[PDB]
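One letter per chain, A onward, in the order of the sequence lines. Residue numbering in chain A adheres to the PDB entry, whereby the residues present occupy positions 307-337, 341-461, 465-528, 534-545 in order. Throughout, chain B uses the PDB entry numbering, with the displayed residues spanning 307-337, 341-461, 465-528, 534-545 in order. According to its header, the structure was obtained by X-ray crystallography, 1.9 Å. Just follow the structure's listing: the first ligand is 1, and inside any ligand the first atom is 1.
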2 protein chains.
Amino acid sequence: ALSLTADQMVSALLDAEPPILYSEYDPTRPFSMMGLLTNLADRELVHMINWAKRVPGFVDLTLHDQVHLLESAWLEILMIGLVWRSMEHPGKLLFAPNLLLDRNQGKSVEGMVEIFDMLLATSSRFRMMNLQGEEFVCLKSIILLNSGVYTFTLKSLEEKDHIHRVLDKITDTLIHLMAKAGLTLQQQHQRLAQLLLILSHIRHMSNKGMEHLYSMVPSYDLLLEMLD
Amino acid sequence: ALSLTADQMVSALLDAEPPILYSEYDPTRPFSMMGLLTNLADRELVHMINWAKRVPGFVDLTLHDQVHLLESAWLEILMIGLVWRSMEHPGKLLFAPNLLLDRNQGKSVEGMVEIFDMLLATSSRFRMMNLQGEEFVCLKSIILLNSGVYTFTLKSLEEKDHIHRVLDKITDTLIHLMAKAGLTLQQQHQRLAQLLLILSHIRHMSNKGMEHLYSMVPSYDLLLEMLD
Ligand SMILES: C[C@@H]1Cc2c([nH]c3ccccc23)[C@@H](c2c(F)cc(/C=C/C(=O)O)cc2F)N1CC(C)(C)F
Ligand SMILES: C[C@@H]1Cc2c([nH]c3ccccc23)[C@@H](c2c(F)cc(/C=C/C(=O)O)cc2F)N1CC(C)(C)F
């Protein structure tokens, strides 16, 4: 992972990309939204485990650390995936190709429209920045590696050091993508910052979402079982 | 604000710095922690309003937008201030020069040790990066401008554009501080990213804190009254 060039990193992440899934409702039957959003989230998680295993550097970590990172990040990762898919559908969230929802559809569950609104605003922000596919995959891997790295022994010190070196490789890669796109050195650092600052909002959204779910979620054991 | 050089930006933010406050307990009397932490937070907020008014670009915004940004950011701002103060006190949080608390002292309030632990880990991270005073003030201003900018009309479009241009000026400034410190172009972009990625964790901490407080906070009106 640490010997990868920028191009190889990008290629590795594009190749790791999980599939776009479909919602499981009978489309011949009349139009629970929570049920739909929960089942879809559950199925995407399985694919997320597989994707994570293909992010360079991730399988170098201990099982326990892999679980911790996924436990911290999974909802952020679903949400960034959603916002990216939704980017060319103004005012709509593309949960699946057959489940494209507006804010009014979110109003049927108490507390949900607020979450839909934040996701829609993020998709809007991505649209305004003209986020590229290659930048998206970098950001999604940054979330996986970064979200739990501050909440973890000699092994632990080595693990954190490795995570930060891999994150540095992804930073390098982002800059290289922006240099290749023809941005000036100024523009490259400005855009890097703009992209990383959106991750704080994605964190925020995840916290607001987890709050909703706790008020009613993959356990450590399920993540461990799937990762192990 | 947008015509400022890097040096002028840094000078402006250092000059805006609020004071370090003292806790209000009688030190001759025997050692409520929540009361102490609440009163201190309340007094710091007043100074935060004043500090915010001196961040270049902030008073250019509408009152409503200034309030929204502070409403979103205030706990993140207190927390980054805390973590910065605590940096050269391993295992302790320097809430005030007369209130230096360890994790065990946090255990007296249910849910508080978890929050103390996350703050301590952030201070540890800052220590490992050797965070500079000049970088800290940049980051604290980034929090103010960024935390609410995704959760807000023609005026609103102009406001967001301005906020992002000011954020770009702070990104420029950070890079300039790192170039002046002698870091290579690679090191500059890596360190920029490392610093901005810590902001996601600060967001996380704030959400976890606000959760605690809601389960029991400055209203819009109080912030508005103080800002207006
Ligand atoms: C709207 C958000 C984000 C989201 C959801 N479902 C998705 C499917 C694909 C991509 C993104 C999502 C949905 C969502 C949901 F409605 C239920 C669960 C429950 C999962 C479980 O019980 O394991 C998870 C979700 F992500 N979520 C709501 C919330 C409150 C978490 F922000
Ligand atoms: C430990 C955290 C962060 C914090 C607190 N007090 C500070 C004073 C100076 C600097 C930082 C802090 C404390 C804190 C507190 F214990 C009560 C309030 C309540 C304020 C209000 O009611 O207006 C605010 C706080 F920041 N906080 C706990 C929590 C749960 C919010 F994360």
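- The chain in largest contact with ligand 2 bears the name, in UniProt, of Estrogen receptor.
- Selecting from AMG 319, TNG908, GDC-0941, AZD9496, S-argatroban, the compound at ligand 2 turns out to be AZD9496.
- At a heavy-atom cut-off of 4.0 Å, other chains contacting AZD9496 (ligand 2): B.
- Residues touching AZD9496 (ligand 2) within 4.0 Å, heavy atoms only: B:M343, B:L346, B:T347, B:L349, B:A350, B:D351, B:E353, B:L384, B:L387, B:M388, B:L391, B:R394, B:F404, B:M421, B:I424, B:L428, B:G521, B:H524, B:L525, B:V534, B:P535.
- Counting per UniProt domain, chain B has the most residues touching AZD9496 (ligand 2) in NR LBD.
- When only non-hydrogen protein atoms are considered, atom 14 (C) of AZD9496 (ligand 2) lies nearest to B:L346 O, 4.0 Å.
- The organism that the entry gives for chain B is Homo sapiens.
- In summary, the atoms of AZD9496 (ligand 2) found under 4.0 Å from a heavy atom of B:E353, numbered by their order in the structure, are 9 (C).
- Protein heavy atom closest to atom 11 (C) of AZD9496 (ligand 2), with residue, atom name and distance, is B:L387 O, 3.8 Å.
- For atom 29 (C) of AZD9496 (ligand 2), the nearest protein heavy atom (residue, atom name, distance) is B:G521 CA, 3.9 Å.
- In terms of N/O distances under 3.5 Å, AZD9496 (ligand 2) is not approached by B:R394.
- Annotation: atom 17 (C) of AZD9496 (ligand 2) to nearest protein heavy atom, B:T347 OG1, 3.3 Å.
- Checked against UniProt, the 17beta-estradiol-binding residues of chain B with a heavy atom under 4.0 Å from AZD9496 (ligand 2) turn out to be: B:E353, B:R394, B:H524.
- Below 4.0 Å from some heavy atom of B:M343 lie the following atoms of AZD9496 (ligand 2), by number and element: 16 (F).
- Here no covalent bond joins AZD9496 (ligand 2) to a chain.
- In terms of protein heavy atoms, atom 4 (C) of AZD9496 (ligand 2) is closest to B:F404 CE2, 3.8 Å.
- For B:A350, no nitrogen or oxygen atom sits less than 3.5 Å from a nitrogen or oxygen atom of AZD9496 (ligand 2), counting backbone and side chain alike.
- Backbone and side-chain nitrogen or oxygen atoms of B:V534 are examined, and one is located within less than 3.5 angstrom of a nitrogen or oxygen of AZD9496 (ligand 2).
- Of all protein heavy atoms, the one closest to atom 2 (C) of AZD9496 (ligand 2) is B:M388 CE, 4.1 Å.
- Looking at atom 23 (O) of AZD9496 (ligand 2), its nearest protein heavy atom turns out to be B:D351 OD1, 3.1 Å.
- Per-atom contact check: atom 27 (N) of AZD9496 (ligand 2) does not touch the protein, criterion being a heavy-atom distance below 4.0 Å.
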